[PDB]
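Heads up: the structure comes next, in structure tokens.
Numbers in chain A track the PDB entry; the residues on display, in order, are 207-264, 275-474. Counting convention: from 1, in listed order, for ligands and their atoms alike. When reading the values below, keep in mind they use all heavy atoms of this one structure, side chains included, and skip hydrogens, waters and symmetry mates.
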Amino acid sequence: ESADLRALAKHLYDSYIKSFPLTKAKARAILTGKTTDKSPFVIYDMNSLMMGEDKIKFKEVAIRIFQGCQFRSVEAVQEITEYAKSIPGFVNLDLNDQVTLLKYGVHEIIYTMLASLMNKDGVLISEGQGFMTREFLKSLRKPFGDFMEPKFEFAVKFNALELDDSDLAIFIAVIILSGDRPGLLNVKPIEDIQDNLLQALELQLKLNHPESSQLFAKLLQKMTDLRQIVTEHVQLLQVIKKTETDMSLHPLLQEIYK
Ligand SMILES: CN(CCOc1ccc(C[C@@H]2SC(=O)NC2=O)cc1)c1ccccn1
Ligand SMILES: CCCCCCCC/C=C/CCCCCCCC(=O)O
């Protein structure tokens, strides 16, 4: 019954709000000019970068920026982990599979929600207090200058779908519930959950976006864009492990990366 699916949608939305302090609706109001939120400080060069610390509370610069993304992904992983536990049935699955769904789901989710913080020209940072331009990121030196560009490219295409947070909450849950992750022990109870999430997503997109033809199909097709984003990024991490042997990846992050 649709009623059961609407209640699942409400539930997931509610946990989403509770686990992610910076929603897309807040990101959007910061990026456009609404009076509900306050304007960010903009970092577009190395000198405004240094003024960013005397205003916002935040070793060559490209490295230090990179340590900033590191720290933020660790935080996102913590938030995603908190959100996963709220998805009905997730905590009743085998503990090894729970680790496995998170291990592979977490980055596809990060890049999905990172799109919420992006327009074609840059990305919100520091809980929306800052805005780091796309071009300042693309001008970083040799290995670092091109770690964000693919994420911007995805976000521009993904943001065209015009999903709002109640859409994303269900979509994020579908991602984490992927029974095709390598090494899963009991694929079948995972798929039963994902099939219920997919029904909830489908209904949600139909009621929330009644005029957007086949949005459901186009949203799932976006799942291959995420997969390729993850693969390019880990090959880029393997370059930096060797060219800066003096730099430390956060242990939560290197465990996710196998
Ligand atoms: C560009 N931003 C926003 C965060 O944007 C992100 C970019 C990449 C990732 C994936 C990380 S990157 C890494 O080192 N390993 C991962 O899993 C996660 C977030 C900055 C920049 C400076 C300070 C704070 N925020
Ligand atoms: C969901 C995608 C994960 C990345 C969100 C983007 C965060 C930008 C950089 C943040 C610096 C990390 C310190 C805490 C600030 C949270 C930032 C934010 O959510 O805007």
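- The main binding partner of ligand 1 here is, in the terms of UniProt, Peroxisome proliferator-activated receptor gamma.
- The drug that appears at ligand 1 goes by the name rosiglitazone.
- Chain A: most residues in contact with rosiglitazone (ligand 1) are in UniProt domain NR LBD.
- Closest protein heavy atom to atom 17 (O) of rosiglitazone (ligand 1): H323 NE2, 2.6 Å.
- Within the listing of rosiglitazone (ligand 1), atoms 10 (C) sit less than 4.0 angstrom from a heavy atom of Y327.
- Look at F287 and you'll find every heavy atom at least 4.0 Å from all atoms of rosiglitazone (ligand 1).
- Within the 4.0 Å heavy-atom criterion, the part of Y473 lying near rosiglitazone (ligand 1) is the side chain and not the backbone.
- This entry records no covalent bond between rosiglitazone (ligand 1) and any chain.
- For chain A, the entry records the source organism Homo sapiens.
- For atom 9 (C) of rosiglitazone (ligand 1), the nearest non-hydrogen atom of the protein is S289 OG, 3.5 Å.
- With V293, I341, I249, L330 as candidates, the residue nearest to atom 20 (C) of rosiglitazone (ligand 1) on a non-hydrogen basis is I341.
- Within the 4.0 Å heavy-atom criterion, the part of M364 lying near rosiglitazone (ligand 1) is the side chain and not the backbone.
- Looking from atom 15 (N) of rosiglitazone (ligand 1) to the surrounding protein, the closest heavy atom is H449 NE2, 3.5 Å.
- Neither the backbone nor the side chain of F360 has any atom closer than 4.0 Å to an atom of rosiglitazone (ligand 1) (non-hydrogen atoms only).
- For atom 14 (O) of rosiglitazone (ligand 1), the nearest protein heavy atom (residue, atom name, distance) is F282 CZ, 3.0 Å.
- Of the candidates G338, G346, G284, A292, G284 brings a heavy atom nearest to atom 23 (C) of rosiglitazone (ligand 1).
- Ranking the protein heavy atoms by distance from atom 21 (C) of rosiglitazone (ligand 1) puts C285 SG, 3.9 Å first.
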